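1-deoxy-D-xylulose 5-phosphate reductoisomerase bound by fosmidomycin.
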There are 2 protein chains.
Amino acid sequence: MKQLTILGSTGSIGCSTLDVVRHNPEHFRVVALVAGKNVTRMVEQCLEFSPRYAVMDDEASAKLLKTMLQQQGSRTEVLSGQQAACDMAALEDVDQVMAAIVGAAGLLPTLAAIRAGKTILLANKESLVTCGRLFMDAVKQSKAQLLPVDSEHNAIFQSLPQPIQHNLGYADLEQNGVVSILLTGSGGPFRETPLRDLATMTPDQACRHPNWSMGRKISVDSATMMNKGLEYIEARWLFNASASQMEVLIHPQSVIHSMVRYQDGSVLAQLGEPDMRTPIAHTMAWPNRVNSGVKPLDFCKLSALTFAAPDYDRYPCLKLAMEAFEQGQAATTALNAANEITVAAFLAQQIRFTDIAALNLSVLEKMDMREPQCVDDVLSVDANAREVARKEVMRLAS
Amino acid sequence: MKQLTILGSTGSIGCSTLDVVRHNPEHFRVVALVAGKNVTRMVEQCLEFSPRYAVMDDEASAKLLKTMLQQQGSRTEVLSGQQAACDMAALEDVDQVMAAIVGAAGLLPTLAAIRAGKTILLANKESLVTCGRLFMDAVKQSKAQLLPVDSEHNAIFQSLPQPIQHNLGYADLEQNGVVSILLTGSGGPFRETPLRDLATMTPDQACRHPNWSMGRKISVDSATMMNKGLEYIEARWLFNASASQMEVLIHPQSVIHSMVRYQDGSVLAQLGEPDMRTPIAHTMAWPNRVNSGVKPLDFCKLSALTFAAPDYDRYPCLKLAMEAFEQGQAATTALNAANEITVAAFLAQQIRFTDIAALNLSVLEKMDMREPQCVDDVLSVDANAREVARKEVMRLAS
Ligand SMILES: O=CN(O)CCCP(=O)(O)O
Ligand SMILES: O=CN(O)CCCP(=O)(O)O
């Protein structure tokens, strides 16, 4: 049996993970849950799965949680704060850590799992994006295996040969017959919205994906295709791909999740319901398989599958991300940080949908700092870009 | 370097194989070519690749070939007949045998390659279909590895886990996380032809596939979906799949070549240009890859990808094949044999398109023989069904 620390347990991916545990009680045990402020969701999960430990980011949420747990008589112990999360990620009995915190705040707990040599179920793209080569070196240095949970990188992983799967980020694509990695592709809810209407789209419209049901941050990123931008950066580290070994396609139907192009002309792809339980279950059971709760994809009830090149006038954030990778790690760390601040500002009705790409661009220009040489440098660049992004947001606020 | 005997070299798959050798002269050498009666094509191939040996099925064709080769001064030696083909398949220096003869006539040379422990690039579905468990036992008994060349089984193979790839036909699908195998799917050139017009379709119309450019036999089988019927039978042996582990879909665009359904909801698929060089190159280079001459699939210039359940009123041959597998090996051997005779009769303008399924059904009913216990029994059943099918054809001739 394999035992779990879930980072970001109350989130969309966290809840999907627990649903896989739920369907496979004889294969998977949760030792620790880590979350932020959603106390009701966390109390549901603690009462259901009886984890050894539960961590909340702030102490007030931890107290509310503990009060309810000791009333019901739960054996689950409650802690709070970032260091507690890092300790939960490194517990001896833990085999796998689901890294599903949103944003760069997930970085330190994820790195702690990595240093403890844990199998990392990686669903926190912002951490690899913001940390890059330093993240990949921490993985190589330790006994840890990365297993991509994000739907796209998971599909790529499944469609890659074993020498790459077993040496992720360090193996040579070309020697293993890989020509390129095909990153798809939904296009968001406004793929067919007139360009000139984009600025009037509300947070609720942006968070309503036709196919996916995920968190608000990721839904907005899908709308701007910053999600694909972040995944483009991440895929380059995870799979050791150059710019010429990356293609980005829009696939509106979200059936194909991504693909790998080989030298003989073959393209290998993963398909399925747009449901995170599938890629999560893939990583948790790898190299075997388990039921994930997701039913068989019915090919006779599908929409016709299409593809299209991304239009950078529609999706300026994609351009920003792809070019940030070329500009280096400081620009990338700062882009991620800015986008966290501007997406939050959009969701809090402080700026418009199209202001995200505008202010992200502005922050990048105003950033003037050196390439990070360590994790502390990554965090200084992050914190600084957050400060500049907050100032820029105030630039377009009522 | 790997060295080749090609069985059926002058055919569509044979020519596609030689094109892969052509693009990879430093990886692949042809020791022997085996063909039938197409002397011009065979002389082209002998003069180009300078094989050690060339075999033609009849002695008159061998003579015409030899006359031209010794005029030009070629070192290639010419032989004729079936036993010669079997010897070519077992030469010491041969590493791989492309089994690309059409029909059950390919059986004996393919079995000779198998007994010699050769890597079998298997593109002769009629042989496995007609020989079944006996074929798979010959493979298991010897040192031979099957590598499926047919576009569909190749796609399945690429989309299967390594434990299955390395123990093909004997490994358990369910233990390796496989729920089912999804066999696709073109539907032929008459997929959208009114049912009532099918009977007026000519051989030239039947042989014009929108996507594939292959031999006449396989093109007619694609039109009736007997191709899928034969591939259904073959896939059950190759992948150790039961009836409940097989799904058959129409995919009109021939981009997806087939798929594998896993327990967590994942579906793995191979995609590409509908071009046999790709699956051929996959098998020849396995577990590595080579350029096959096929260019990268352009997803931005594709038709929208669709799927549909097969309609047995449109494709009665599919029903015949799927039910023949249940009826056992004699019925299957006899169905294949009948279909070879009736497809030939259709191409020779002796019967109509729709007469293929009718006479195939008739032959099956008239067959009354025991399940084959050995290869000789397989050939008696085959020869007998050919005789009955010829008689039935005469039933509807002018
Ligand atoms: O893990 C799943 N995702 O990343 C969501 C994909 C939505 P997009 O294709 O619009 O980025
Ligand atoms: O190897 C390639 N084929 O089998 C040709 C497929 C044509 P179909 O899908 O109509 O059977």
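Alphabetical chain letters, starting from A, follow the order of the sequence lines given. Using the PDB entry numbers, chain A covers 1-398, in order. Going by the PDB entry, the residues shown for chain B are 1-398, listed in order. Because only heavy atoms are used, hydrogens play no part in the values below, and waters and symmetry mates are left out as well, while side chains stay in. Both ligands and their constituent atoms are indexed starting at 1 by order of listing.
The full list of places where fosmidomycin can be found here is ligands 1 and 2. Contact chains for fosmidomycin (ligand 2) (heavy atom under 4.0 Å, other chains only): B. As recorded in the PDB, the organism behind chain B is Escherichia coli. Residue-level proximity to fosmidomycin (ligand 2) for B:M225 is absent, since no heavy atom of it falls below 4.0 angstrom. Taking atom 11 (O) of fosmidomycin (ligand 2) as the reference point, the nearest protein heavy-atom neighbour is B:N227 ND2, 2.5 Å. For fosmidomycin (ligand 2), one of its N or O atoms has an N or O atom of B:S222 under 3.5 Å away. On a distance-only criterion, B:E152 and fosmidomycin (ligand 2) share at least one N/O pair closer than 3.5 Å.
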